[PDB]
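Please read the structure below before turning to the comments.
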Amino acid sequence: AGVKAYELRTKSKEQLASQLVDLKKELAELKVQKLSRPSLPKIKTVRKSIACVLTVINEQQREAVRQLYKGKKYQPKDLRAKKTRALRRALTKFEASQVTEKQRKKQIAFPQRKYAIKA
Amino acid sequence: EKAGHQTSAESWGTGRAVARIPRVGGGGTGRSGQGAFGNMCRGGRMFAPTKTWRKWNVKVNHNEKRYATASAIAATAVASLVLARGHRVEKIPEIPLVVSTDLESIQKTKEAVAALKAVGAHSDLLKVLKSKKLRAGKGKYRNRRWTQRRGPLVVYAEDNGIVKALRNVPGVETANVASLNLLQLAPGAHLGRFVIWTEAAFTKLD
Amino acid sequence: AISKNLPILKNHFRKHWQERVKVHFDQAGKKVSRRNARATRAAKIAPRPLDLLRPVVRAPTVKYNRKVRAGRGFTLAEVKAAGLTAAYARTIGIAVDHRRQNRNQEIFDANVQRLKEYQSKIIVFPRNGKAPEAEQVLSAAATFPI
Amino acid sequence: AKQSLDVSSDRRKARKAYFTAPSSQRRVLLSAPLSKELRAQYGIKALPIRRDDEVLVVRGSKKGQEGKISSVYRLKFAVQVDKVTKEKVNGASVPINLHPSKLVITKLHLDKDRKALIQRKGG
RNA sequence: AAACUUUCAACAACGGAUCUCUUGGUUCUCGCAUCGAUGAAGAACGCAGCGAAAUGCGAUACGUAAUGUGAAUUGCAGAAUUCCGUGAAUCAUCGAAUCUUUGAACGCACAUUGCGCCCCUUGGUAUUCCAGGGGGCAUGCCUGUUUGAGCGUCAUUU
RNA sequence: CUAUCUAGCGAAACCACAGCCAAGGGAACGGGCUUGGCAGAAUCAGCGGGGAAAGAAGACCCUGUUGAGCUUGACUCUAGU
RNA sequence: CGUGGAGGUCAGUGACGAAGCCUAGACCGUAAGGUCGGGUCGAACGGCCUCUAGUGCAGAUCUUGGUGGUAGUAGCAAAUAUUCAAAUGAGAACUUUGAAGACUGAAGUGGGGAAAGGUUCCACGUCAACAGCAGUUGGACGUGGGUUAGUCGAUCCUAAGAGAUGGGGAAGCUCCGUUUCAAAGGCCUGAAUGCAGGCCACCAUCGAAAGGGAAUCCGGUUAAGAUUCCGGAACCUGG
RNA sequence: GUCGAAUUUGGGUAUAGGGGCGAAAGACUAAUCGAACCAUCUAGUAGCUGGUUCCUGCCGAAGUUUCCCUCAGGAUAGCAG
RNA sequence: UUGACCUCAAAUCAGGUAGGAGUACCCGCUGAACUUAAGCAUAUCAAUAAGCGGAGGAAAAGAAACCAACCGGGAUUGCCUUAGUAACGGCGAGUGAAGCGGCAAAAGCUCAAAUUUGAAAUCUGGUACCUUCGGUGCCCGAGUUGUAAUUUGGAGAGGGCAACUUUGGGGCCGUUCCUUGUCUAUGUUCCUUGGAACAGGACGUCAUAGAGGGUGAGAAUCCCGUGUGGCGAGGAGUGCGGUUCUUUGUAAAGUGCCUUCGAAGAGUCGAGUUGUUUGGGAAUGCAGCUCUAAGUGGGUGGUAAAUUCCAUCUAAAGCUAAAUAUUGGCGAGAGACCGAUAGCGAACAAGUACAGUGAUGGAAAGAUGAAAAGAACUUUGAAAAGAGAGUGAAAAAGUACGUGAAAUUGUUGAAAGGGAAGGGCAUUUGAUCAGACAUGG
Ligand SMILES: NC[C@@H]1O[C@H](O[C@H]2[C@@H](O)[C@H](O[C@@H]3[C@@H](O)[C@H](N)C[C@H](N)[C@H]3O[C@H]3O[C@H](CO)[C@@H](O)[C@H](O)[C@H]3N)O[C@@H]2CO)[C@H](N)[C@@H](O)[C@@H]1O
Ligand SMILES: NC[C@@H]1O[C@H](O[C@H]2[C@@H](O)[C@H](O[C@@H]3[C@@H](O)[C@H](N)C[C@H](N)[C@H]3O[C@H]3O[C@H](CO)[C@@H](O)[C@H](O)[C@H]3N)O[C@@H]2CO)[C@H](N)[C@@H](O)[C@@H]1O
Ligand SMILES: NC[C@@H]1O[C@H](O[C@H]2[C@@H](O)[C@H](O[C@@H]3[C@@H](O)[C@H](N)C[C@H](N)[C@H]3O[C@H]3O[C@H](CO)[C@@H](O)[C@H](O)[C@H]3N)O[C@@H]2CO)[C@H](N)[C@@H](O)[C@@H]1O
Ligand SMILES: NC[C@@H]1O[C@H](O[C@H]2[C@@H](O)[C@H](O[C@@H]3[C@@H](O)[C@H](N)C[C@H](N)[C@H]3O[C@H]3O[C@H](CO)[C@@H](O)[C@H](O)[C@H]3N)O[C@@H]2CO)[C@H](N)[C@@H](O)[C@@H]1O
Ligand SMILES: NC[C@@H]1O[C@H](O[C@H]2[C@@H](O)[C@H](O[C@@H]3[C@@H](O)[C@H](N)C[C@H](N)[C@H]3O[C@H]3O[C@H](CO)[C@@H](O)[C@H](O)[C@H]3N)O[C@@H]2CO)[C@H](N)[C@@H](O)[C@@H]1O
Ligand SMILES: [Mg+2]
Ligand SMILES: [Mg+2]
Ligand SMILES: [Mg+2]
Ligand SMILES: [Mg+2]
Ligand SMILES: [Mg+2]
Ligand SMILES: [Mg+2]
Ligand SMILES: [Mg+2]
Ligand SMILES: [Mg+2]
Ligand SMILES: [Mg+2]
Ligand SMILES: [Mg+2]
Ligand SMILES: [Mg+2]
Ligand SMILES: [Mg+2]
Ligand SMILES: [Mg+2]
Ligand SMILES: [Mg+2]
Ligand SMILES: [Mg+2]
Ligand SMILES: [Mg+2]
Ligand SMILES: [Mg+2]
Ligand SMILES: [Mg+2]
Ligand SMILES: [Mg+2]
Ligand SMILES: [Mg+2]
Ligand SMILES: [Mg+2]
Ligand SMILES: [Mg+2]
Ligand SMILES: [Mg+2]
Ligand SMILES: [Mg+2]
Ligand SMILES: [Mg+2]
Ligand SMILES: [Mg+2]
Ligand SMILES: [Mg+2]
Ligand SMILES: [Mg+2]
Ligand SMILES: [Mg+2]
Ligand SMILES: [Mg+2]
Ligand SMILES: [Mg+2]
Ligand SMILES: [Mg+2]
Ligand SMILES: [Mg+2]
Ligand SMILES: [Mg+2]
Ligand SMILES: [Mg+2]
Ligand SMILES: [Mg+2]
Ligand SMILES: [Mg+2]
Ligand SMILES: [Mg+2]
Ligand SMILES: [Mg+2]
Ligand SMILES: [Mg+2]
Ligand SMILES: [Mg+2]
Ligand SMILES: [Mg+2]
Ligand SMILES: [Mg+2]
Ligand SMILES: [Mg+2]
Ligand SMILES: [Mg+2]
Ligand SMILES: [Mg+2]
Ligand SMILES: [Mg+2]
Ligand SMILES: [Mg+2]
Ligand SMILES: [Mg+2]
Ligand SMILES: [Mg+2]
Ligand SMILES: [Mg+2]
Ligand SMILES: [Mg+2]
Ligand SMILES: [Mg+2]
Ligand SMILES: [Mg+2]
Ligand SMILES: [Mg+2]
Ligand SMILES: [Mg+2]
Ligand SMILES: [Mg+2]
Ligand SMILES: [Mg+2]
Ligand SMILES: [Mg+2]
Ligand SMILES: [Mg+2]
Ligand SMILES: [Mg+2]
Ligand SMILES: [Mg+2]
Ligand SMILES: [Mg+2]
Ligand SMILES: [Mg+2]
Ligand SMILES: [Mg+2]
Ligand SMILES: [Mg+2]
Ligand SMILES: [Mg+2]
Ligand SMILES: [Mg+2]
Ligand SMILES: [Mg+2]
Ligand SMILES: [Mg+2]
Ligand SMILES: [Mg+2]
Ligand SMILES: [Mg+2]
Ligand SMILES: [Mg+2]
Ligand SMILES: [Mg+2]
Ligand SMILES: [Mg+2]
Ligand SMILES: [Mg+2]
Ligand SMILES: [Mg+2]
Ligand SMILES: [Mg+2]
Ligand SMILES: [Mg+2]
Ligand SMILES: [Mg+2]
Ligand SMILES: [Mg+2]
Ligand SMILES: [Mg+2]
Ligand SMILES: [Mg+2]
Ligand SMILES: [Mg+2]
Ligand SMILES: [Mg+2]
Ligand SMILES: [Mg+2]
Ligand SMILES: [Mg+2]
Ligand SMILES: [Mg+2]
Ligand SMILES: [Mg+2]
Ligand SMILES: [Mg+2]
Ligand SMILES: [Mg+2]
Ligand SMILES: [Mg+2]
Ligand SMILES: [Mg+2]
Ligand SMILES: [Mg+2]
Ligand SMILES: [Mg+2]
Ligand SMILES: [Mg+2]
Ligand SMILES: [Mg+2]
Ligand SMILES: [Mg+2]
Ligand SMILES: [Mg+2]
Ligand SMILES: [Mg+2]
Ligand SMILES: [Mg+2]
Ligand SMILES: [Mg+2]
Ligand SMILES: [Mg+2]
Ligand SMILES: [Mg+2]
Ligand SMILES: [Mg+2]
Ligand SMILES: [Mg+2]
Ligand SMILES: [Mg+2]
Ligand SMILES: [Mg+2]
Ligand SMILES: [Mg+2]
Ligand SMILES: [Mg+2]
Ligand SMILES: [Mg+2]
Ligand SMILES: [Mg+2]
Ligand SMILES: [Mg+2]
Ligand SMILES: [Mg+2]
Ligand SMILES: [Mg+2]
Ligand SMILES: [Mg+2]
Ligand SMILES: [Mg+2]
Ligand SMILES: [Mg+2]
Ligand SMILES: [Mg+2]
Ligand SMILES: [Mg+2]
Ligand SMILES: [Mg+2]
Ligand SMILES: [Mg+2]
Ligand SMILES: [Mg+2]
Ligand SMILES: [Mg+2]
Ligand SMILES: [Mg+2]
Ligand SMILES: [Mg+2]
Ligand SMILES: [Mg+2]
Ligand SMILES: [Mg+2]
Ligand SMILES: [Mg+2]
Ligand SMILES: [Mg+2]
Ligand SMILES: [Mg+2]
Ligand SMILES: [Mg+2]
Ligand SMILES: [Mg+2]
Ligand SMILES: [Mg+2]
Ligand SMILES: [Mg+2]
Ligand SMILES: [Mg+2]
Ligand SMILES: [Mg+2]
Ligand SMILES: [Mg+2]
Ligand SMILES: [Mg+2]
Ligand SMILES: [Mg+2]
Ligand SMILES: [Mg+2]
Ligand SMILES: [Mg+2]
Ligand SMILES: [Mg+2]
Ligand SMILES: [Mg+2]
Ligand SMILES: [Mg+2]
Ligand SMILES: [Mg+2]
Ligand SMILES: [Mg+2]
Ligand SMILES: [Mg+2]
Ligand SMILES: [Mg+2]
Ligand SMILES: [Mg+2]
Ligand SMILES: [Mg+2]
Ligand SMILES: [Mg+2]
Ligand SMILES: [Mg+2]
Ligand SMILES: [Mg+2]
Ligand SMILES: [Mg+2]
Ligand SMILES: [Mg+2]
Ligand SMILES: [Mg+2]
Ligand SMILES: [Mg+2]
Ligand SMILES: [Mg+2]
Ligand SMILES: [Mg+2]
Ligand SMILES: [Mg+2]
Ligand SMILES: [Mg+2]
Ligand SMILES: [Mg+2]
Ligand SMILES: [Mg+2]
Ligand SMILES: [Mg+2]
Ligand SMILES: [Mg+2]
Ligand SMILES: [Mg+2]
């Protein structure tokens, strides 16, 4: 039951804030009835919903902070490439590309010649 | 290598009224005190443990290799051998069976099958259909569950699709006359493979 | 110990030899994969024949000096005597060896001959991609034997 | 035989694969053949069996019996139909596990992507 | 003659040989090249309607998002079974997050759930004192920056 | 208080096979072999003659081109000096 | 002669019963062994020709596992001691209660704590195992309950001692060193916060539940907690 | 035996294996000390004990020679297949 | 008084980086003994184990201060062979490489020392601005104690001269590659046994599919697959062919000829000595201390020295693919392997339960049946259970569960028995088995 990922993404922050609070109100009230009854399997879907609400609220604020940093040279390490320690310190495609002026002319003067031999 | 040798076990020495074999340290578990290393003791190391560098492949002289493949062919001419080797060539017009080279182009099974049956290979075909049986040993779970006889050897010059046509038939195998494997020629080192030749193949032999 | 009448052997196996032991079980797969490694080179390399032209060289000492052998590269004298520069002679696939000077004419002749005669049977494609369809010969040395 | 360097014929991994197959993959191993009628109409031999399919037992001591699929028990590699039940001597009735391959589907419960599957298969 | 003892048989015990099983081991080959201060490896404690393990996870806790898939999961219960459907599932996939207390482990400690300092914000009169919330302060080194020291030292003094 | 008898509970040592002698010869001190004495179910409490009784691959002794603790103008070295 | 596996072959055997096992039953072989019947059994297995080995057991104070005689035997005898009745229970020398007889005799068989254990505490259920007789009982089994602090501890301080830091060794893991051959700071004031005041400056930290130390008592209360809860009366530090 | 001091003792702390510690016994250093405990080198070497797995058929020994830091072992010739 | 400079500090200065894990392979350091020598010290084990520092997907080595002595050869690595050879060795035990030759793979290279000196032409950052692995403009910083171009010995530079040759940067379809989805054959006919047909018989079918697994027993055709082809979706990215641009070029490269010039690495090479190592022997490498070069110089040329020549390379600075390594990691395919005392220790809640203060030590243990149909109900019992009765193909499968051996044990039956028992030959007695019976009714 409970909440749905796409429906939440439309609602505004300040509504989500209140969404949560009455889910916490419910889940709290659940745990009361829970110990007065022969179990209560129902409480699973609301505590999962709280995760979803909180996932979305996170999605927004992260994306929002993603915008505020767009195009800039220095972005929070939270939001960076990840990939690999070893990887992300490898030379950039630019840095590996550089070639000494002596060579760039040698790489022009006599670059590899495609040929063949018939008969 | 590590087998049966992963442990600290020392001997206990004489004087404990216990055999001198190495025995396991510590306590608190049945393993402690038990016999270690050694072939006689459970959980130990096997005597003279098998090595990979055991000599597996065997070298043969090339001329002697061809001498084997040669007689192996000549036996396919002898009616009594091929008969004795367990092949159903009982009737059939003549040995050798040489067949129309059009065979080499047959690309579909139902054709290639009835092609052989009509040239007189039907009886040693049906054989291999009736010889499939569960394997005798534990090789059953070693990826050989089944054991069957040998159908005829269909030998060509060029492969125009006879190979794909007979690749699914139970017991027939196909070979170029340029190669001619002795294993196929004398299965079990048994002379007299029943061999169906194509005229193109047969005229190539010399 | 020492018994009967037998030649004295020397078997160097006191050393933990069973540690460093190489079987080659891979001789099959190290060939099958040695082929596929060459097969797709020539694929990626397109009409070019997998190897440089290699010179004719005398080979040394008092034992193998009788025969003649493929050397490393064509050296310097023969490259200009073939009418082209070093730096270009490597672009058309040819072996250039800057050491090994020429102390022998009969070889120097045959080698420069081996160059022009190579330059003959080739076809060297232009800057562009418009070229005469290029059937690929894989061998070079066996196309220009010695 | 297998011509591919991908498929293996090794008996061990095969039985590992069957028994460790997940629920998604089991659903396909739980395919059932289609009845002479349903074969005609849809031009399709077999489809993964699913719940509410009416069915006909083609094998076993229940052969020639009919009912609707009560549940597909994928955990079990088995299937339950109503009307086919053991009555234990305590008076209770108990569902009898049957195999999809020993069943034939006499009516398909269809929805959109069950339709679109019958179409997605050529035939 | 019994009892007793011994030997044999039958049935019954004791025990798990043997036979047949094999989601395991073992060895050969083939292909690929990716751990970590963006917090790894490893550890601790937790997390399910009913779990002690194994397994999975991290207070969003046997999982949240995304994608596919097309109806189950199943020990009982429960459901919304929300089935021509943005949709079942202990499914596959995984590109988005969460990720307690730790650990090279970074304010200082650490047989302690011990103890400082800085910044923002909320409540208690509140610049100060107490409390809640949020973010912070390791080392060596490089490049840069800002601020300094030295009759090491060149000019200017006026 | 034990032992002893009973209800209940219930081990261990050891074990080639076993268990009456005399002599004989015998690896020169036999439960077994040879010749004699003999020889009758099933058993309980005691006992310390035998079982060359049990305990532990003799420590004494010798052997081993097997050690170790130790000593010294043995052989060969060495920190320090 | 026999065993595991391998190529070949009998189109060999078999759910109408393979293999195994049991047979004071049969036959063959000098023998290793082979063959058959009967029983029990449940899914595989054999003959011949070859190949190949982790291929044949009575011992090794062999290894592991199982089992005997010993044997219903040695034993269940230290710590003065038990008895009558009831209740409960299928069942009582052993449980509960009553009574009688006794003991430890406060340097205790009393009343608390430290280390250590870790729920053993308490209550209800409950006796297969465990309590070397017994068990209706238990420190067992099952299910639950339970440990409340400004003042009692920890926390703070320093002890023997340990240990970073400039540094100096060492190939290095690392060693030395604790004020040393170091530019080692952090207070109170005014002008909401920087400059102007200004003193002062050998020195991380860890190290005591028995050392040092801020400060609580009585009465009541639970099945099980109390200098902690409640009622009343106080005190100490910090605002 | 000693029992008001070279007394008994808790806890904290220090010294570690050719090392410690010793009012000295080769004592003690976790039931381990004339060199701890743990793993590895290690399946250490053994001229020395012990064991060494089916049947039948034929042939059939030696304890002597010489050399050996050789005397419980080898080489060597002899006997044997 | 004010402004720089050198050097040296500080900051919770702005941006970063190192640590740890892993360790099969890889580069180094350090470093044994057991052992062999039938003793033992050199030697051997071994330039090994243990200990330490540093990497990658490979590492390393590499464009020769090489090998040779030939008609010479020509970076490196690996295979084959040199070769159990040369040599080392109480010349004992033992040790032991190299040059050539065949093959695998092949790939070459750049700095330092030169005045741009008619122009620091070089570069880090900050910053706005965009087309963001970056691009421009501006600005602080670096730097003349040397940033750029140019040159690397195979050269090559300056001049002098004389003609011919040659180009750049973007992306827009398709291919290849990685992720990844999906389509693509043929009996469930008859009979018989059985609980179950997957069995045997009958009649068929498909096969570029008769690998394998699943399903109530030996299943090509019941299911998943297998074989052959076909169609999507998302990714890299410059290789392969195809697009059309831009105009790189008031740049760059190639090549001819004359004459002059041609910088080439020091507490290094080399040496002495010490130690160690090596097959390296009057000294193979390595390092300590001491000495310390030259520039037609220097190193090597495997017997030390003087002398005379000859041969061949250019140290003391640097980068690089492939062939090569791989008891680790990830993903696969296999075997004349092992079959629960085997095979890894672990087929299982196995590095677990348990032991130790600690480092460490470290097990046992798979199988009811097709399916729980897991024995309703009656009955004796305090109860655990027993007895009926049910399920099942079977209970001679009942969660002590497939088959159920031996030791050992209970009952029943048979026989024997005066201080063991068992064995050989023979026979009485009993029990028990047999082979031999068809020729006229
Ligand atoms: N087959 C029994 C063997 O017992 C061995 O283990 C046993 C031994 O280690 C040890 O047995 C000792 C024995 O070593 C020593 N030499 C004599 C001693 N009397 C024995 O004792 C053992 O056996 C006796 C006799 O049955 C029993 O009465 C006794 O209870 C038992 N502990 O006690 C263990 C348990 O009996 C091994 N597990 C294995 O070799 C094998 O299982
Ligand atoms: N004689 C009629 C023909 O038999 C042919 O084939 C015969 C067999 O080969 C086939 O039976 C199967 C077969 O389907 C499959 N592809 C192979 C399998 N081994 C065969 O199995 C057969 O042989 C085994 C022994 O091997 C025997 O037990 C039994 O006869 C049978 N099960 O079925 C037939 C029975 O003998 C075809 N079915 C067809 O051409 C036609 O029916
Ligand atoms: N100061 C160093 C920096 O710390 C940063 O990390 C900051 C936080 O993310 C980190 O927070 C830690 C957290 O890691 C951890 N899992 C939970 C913990 N409570 C937090 O701890 C922080 O606050 C506590 C308060 O009691 C302090 O005791 C602790 O020293 C401090 N690190 O503590 C830092 C702030 O004190 C970054 N990891 C990095 O840039 C760098 O290492
Ligand atoms: N010494 C006479 C000859 O000089 C020649 O000198 C070379 C160069 O100096 C000469 O000059 C080339 C010129 O060819 C070409 N077409 C134009 C190019 N800019 C020049 O290039 C040269 O000169 C520039 C200055 O202009 C310098 O930076 C530098 O020396 C070089 N790049 O081109 C020659 C190419 O090899 C060669 N070294 C050789 O032929 C011979 O020695
Ligand atoms: N007695 C009535 C009920 O029996 C039930 O139990 C039934 C079974 O589980 C139990 O089975 C027992 C078994 O437990 C035990 N291990 C022994 C035996 N294998 C079985 O025995 C049973 O089956 C046999 C065979 O037909 C009958 O002869 C016998 O009477 C019967 N008790 O026997 C019972 C049937 O008589 C439950 N225990 C309970 O509901 C109640 O006691
Ligand atoms: Mg083992
Ligand atoms: Mg003994
Ligand atoms: Mg066909
Ligand atoms: Mg087998
Ligand atoms: Mg078998
Ligand atoms: Mg297997
Ligand atoms: Mg198999
Ligand atoms: Mg090549
Ligand atoms: Mg697959
Ligand atoms: Mg395998
Ligand atoms: Mg009922
Ligand atoms: Mg099933
Ligand atoms: Mg859809
Ligand atoms: Mg459509
Ligand atoms: Mg079975
Ligand atoms: Mg509950
Ligand atoms: Mg789970
Ligand atoms: Mg349900
Ligand atoms: Mg249900
Ligand atoms: Mg999943
Ligand atoms: Mg995830
Ligand atoms: Mg974390
Ligand atoms: Mg942390
Ligand atoms: Mg910390
Ligand atoms: Mg905070
Ligand atoms: Mg007595
Ligand atoms: Mg008694
Ligand atoms: Mg006792
Ligand atoms: Mg005992
Ligand atoms: Mg005793
Ligand atoms: Mg006398
Ligand atoms: Mg006598
Ligand atoms: Mg006497
Ligand atoms: Mg006597
Ligand atoms: Mg005796
Ligand atoms: Mg006798
Ligand atoms: Mg006699
Ligand atoms: Mg006499
Ligand atoms: Mg006596
Ligand atoms: Mg005795
Ligand atoms: Mg004793
Ligand atoms: Mg003793
Ligand atoms: Mg002795
Ligand atoms: Mg002894
Ligand atoms: Mg003694
Ligand atoms: Mg002596
Ligand atoms: Mg001697
Ligand atoms: Mg000694
Ligand atoms: Mg065999
Ligand atoms: Mg085997
Ligand atoms: Mg076979
Ligand atoms: Mg066979
Ligand atoms: Mg049959
Ligand atoms: Mg068998
Ligand atoms: Mg018999
Ligand atoms: Mg029978
Ligand atoms: Mg039986
Ligand atoms: Mg049988
Ligand atoms: Mg079965
Ligand atoms: Mg079966
Ligand atoms: Mg063996
Ligand atoms: Mg055996
Ligand atoms: Mg035995
Ligand atoms: Mg024995
Ligand atoms: Mg016993
Ligand atoms: Mg007895
Ligand atoms: Mg008793
Ligand atoms: Mg008694
Ligand atoms: Mg006693
Ligand atoms: Mg008493
Ligand atoms: Mg009473
Ligand atoms: Mg009592
Ligand atoms: Mg008294
Ligand atoms: Mg007192
Ligand atoms: Mg108390
Ligand atoms: Mg209690
Ligand atoms: Mg107890
Ligand atoms: Mg008791
Ligand atoms: Mg009892
Ligand atoms: Mg206090
Ligand atoms: Mg403190
Ligand atoms: Mg101090
Ligand atoms: Mg220190
Ligand atoms: Mg100092
Ligand atoms: Mg300030
Ligand atoms: Mg105190
Ligand atoms: Mg109390
Ligand atoms: Mg109060
Ligand atoms: Mg005295
Ligand atoms: Mg006195
Ligand atoms: Mg040590
Ligand atoms: Mg010593
Ligand atoms: Mg010391
Ligand atoms: Mg003393
Ligand atoms: Mg003494
Ligand atoms: Mg001990
Ligand atoms: Mg001790
Ligand atoms: Mg000693
Ligand atoms: Mg110790
Ligand atoms: Mg210990
Ligand atoms: Mg051994
Ligand atoms: Mg060794
Ligand atoms: Mg030896
Ligand atoms: Mg001796
Ligand atoms: Mg001598
Ligand atoms: Mg002897
Ligand atoms: Mg900063
Ligand atoms: Mg590291
Ligand atoms: Mg390392
Ligand atoms: Mg020796
Ligand atoms: Mg020796
Ligand atoms: Mg010695
Ligand atoms: Mg050495
Ligand atoms: Mg090492
Ligand atoms: Mg890496
Ligand atoms: Mg590679
Ligand atoms: Mg490299
Ligand atoms: Mg060079
Ligand atoms: Mg070379
Ligand atoms: Mg030497
Ligand atoms: Mg000598
Ligand atoms: Mg020698
Ligand atoms: Mg050596
Ligand atoms: Mg060497
Ligand atoms: Mg810039
Ligand atoms: Mg910039
Ligand atoms: Mg040109
Ligand atoms: Mg049928
Ligand atoms: Mg099957
Ligand atoms: Mg059939
Ligand atoms: Mg199959
Ligand atoms: Mg199959
Ligand atoms: Mg199919
Ligand atoms: Mg299909
Ligand atoms: Mg397919
Ligand atoms: Mg140089
Ligand atoms: Mg060294
Ligand atoms: Mg030297
Ligand atoms: Mg390099
Ligand atoms: Mg490279
Ligand atoms: Mg391996
Ligand atoms: Mg490893
Ligand atoms: Mg393969
Ligand atoms: Mg077993
Ligand atoms: Mg095992
Ligand atoms: Mg077992
Ligand atoms: Mg076994
Ligand atoms: Mg085995
Ligand atoms: Mg084990
Ligand atoms: Mg356990
Ligand atoms: Mg241990
Ligand atoms: Mg079992
Ligand atoms: Mg009743
Ligand atoms: Mg009752
Ligand atoms: Mg019954
Ligand atoms: Mg039932
Ligand atoms: Mg029935
Ligand atoms: Mg039956
Ligand atoms: Mg049965
Ligand atoms: Mg059964
Ligand atoms: Mg049951
Ligand atoms: Mg049970
Ligand atoms: Mg049992
Ligand atoms: Mg059973
Ligand atoms: Mg079974
Ligand atoms: Mg039995
Ligand atoms: Mg008597």
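Labels below follow one simple rule: chain letters A, B, ... track the order of the sequence lines, proteins then strands, and each chain is numbered from 1. Below, all heavy atoms of this structure are taken into account, side chains as well, without hydrogens, waters or symmetry copies. The structure has been trimmed to a portion of the entry, and contacts are counted only among what remains. Each ligand, and each atom within it, is numbered from 1 in the order the structure gives.
- For ligand 5, the chief contact partner in this model is given in the PDB entry as 25S ribosomal RNA.
- Per PDB records, the drug at ligand 5 is named paromomycin.
- Other chains within heavy-atom reach of paromomycin (ligand 5), distance under 4.0 Å: I.
- For paromomycin (ligand 5), other ligands and ions under 4.0 Å: ligand 160 (magnesium ion).
- According to the entry, the source organism of RNA chain I is Saccharomyces cerevisiae (strain ATCC 204508 / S288c).
- Residues in other chains coming within 4.0 Å of paromomycin (ligand 5) by heavy atoms are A375(I), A376(I), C377(I), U378(I), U379(I), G386(I), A387(I), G388(I), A389(I), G390(I), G398(I).
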